[PDB]
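The model below depicts Beta-lactoglobulin holding pramocaine.
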There are 2 protein chains.
Amino acid sequence: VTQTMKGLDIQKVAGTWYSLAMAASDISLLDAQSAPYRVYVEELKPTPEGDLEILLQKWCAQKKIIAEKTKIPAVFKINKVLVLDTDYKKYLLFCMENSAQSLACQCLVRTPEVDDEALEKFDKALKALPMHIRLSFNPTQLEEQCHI
Amino acid sequence: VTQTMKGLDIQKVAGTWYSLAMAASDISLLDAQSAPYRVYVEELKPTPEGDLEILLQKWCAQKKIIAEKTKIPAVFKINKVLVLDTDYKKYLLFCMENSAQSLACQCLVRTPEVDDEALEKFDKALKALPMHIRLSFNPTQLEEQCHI
Ligand SMILES: CCCCOc1ccc(OCCCN2CCOCC2)cc1
Ligand SMILES: CCCCOc1ccc(OCCCN2CCOCC2)cc1
Ligand SMILES: [Cl-]
Ligand SMILES: [Cl-]
């Protein structure tokens, strides 16, 4: 992955997000509810020290993890988290990768709605990536624990 | 679905195909190996009477079904099968739909290779359809029973 958000203000991504779409390098990273990269983002909480606290749902448990910051403002560690793109107000695109290469990305949105602009920009960003599974969820599913 | 292949010669789609990509209206139609629309096409055999015999794999059993012809050359019955597009020699795009509306489509290719033109044309055809899961398989997986 070589698309990172230039000049990211991590402070301004704080608050509520919806995992609208997810894609991944291997089907088995996203196919089941229990699949390893099937994580639904609930809230992003940037620390004052510039680390990133993530609230997510995983099959339906609430979970807290911290993405520690790096020399690069758009990259964090946990497995690396890269912020591709965001307008802070509506959408955020990010990716997760390990070091084998297993890779998963998400289109996050602020509200439980189908943002077609945000999905275009998501599909554009995936054209360069070797994804073999893509999921997308409706407004109903977005308002349920673990998108059931 | 309102993209059908004009002037389809069903005779000329006979022989060997590979289920390279699959998309579907609902995740649960494609997520597991046992998912209802997770069918891998092996061979297409058009009858002289103009019906279509389908050999497929389903989780790993071989299976035979006949798609009976209709007044429209690009539409068959089993649940309806619509042939969107094909160049006979390389790719075929089709869709399956019931009457609720549960809908699944496939990019078939002649050989076990990743045809980027055929996937473009597949993605173009899905832009108009309400798909929530898409899968794609590598050359290795294409040469295995049920794409394991
Ligand atoms: C731009 C910031 C968005 C980053 O959001 C996430 C980054 C990494 C994630 O990783 C999930 C890792 C899975 N954990 C271990 C297994 O149980 C669930 C938590 C999840 C969200
Ligand atoms: C252009 C012709 C391609 C059509 O290929 C297929 C059409 C319909 C299919 O339907 C699968 C229905 C599932 N059957 C019942 C459940 O067990 C497996 C067979 C499969 C391939
Ligand atoms: Cl939708
Ligand atoms: Cl591939």
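Chain IDs: alphabetical, in sequence-line order. All chain A residue numbers match the PDB entry; in order, they span 3-61, 66-84, 90-111, 115-162. We number chain B the same way the PDB entry does; the residues here are 3-61, 66-84, 90-111, 115-162, in that order. Numbering of ligands and ligand atoms starts at 1, following listing order.
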_Can you help me spot every copy of pramocaine here?_
ligands 1 and 2
*Which other chains have a heavy atom within 4.0 Å (strictly less) of pramocaine (ligand 1)?*
A
*Which residues count as the binding site of pramocaine (ligand 1) under a heavy-atom cut-off of 4.0 Å?*
A:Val41, A:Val43, A:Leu46, A:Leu54, A:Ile56, A:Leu58, A:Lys60, A:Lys69, A:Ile71, A:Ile84, A:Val92, A:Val94, A:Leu103, A:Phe105, A:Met107
*Please state which protein non-hydrogen atom is closest to atom 13 (C) of pramocaine (ligand 1) and give its distance, to 0.1 Å?*
A:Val41 CG1, 4.0 Å
*For atom 2 (C) of pramocaine (ligand 1), the protein heavy atom that lies nearest, with its residue and separation*: A:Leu54 CD2, 3.4 Å
*Using a strict cut-off of 4.0 Å, indicate which atoms of pramocaine (ligand 1) neighbour a heavy atom of A:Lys69.*
16 (C), 17 (O), 18 (C), 19 (C)
*Any non-hydrogen protein atom below 4.0 Å of atom 17 (O) of pramocaine (ligand 1)?*
yes
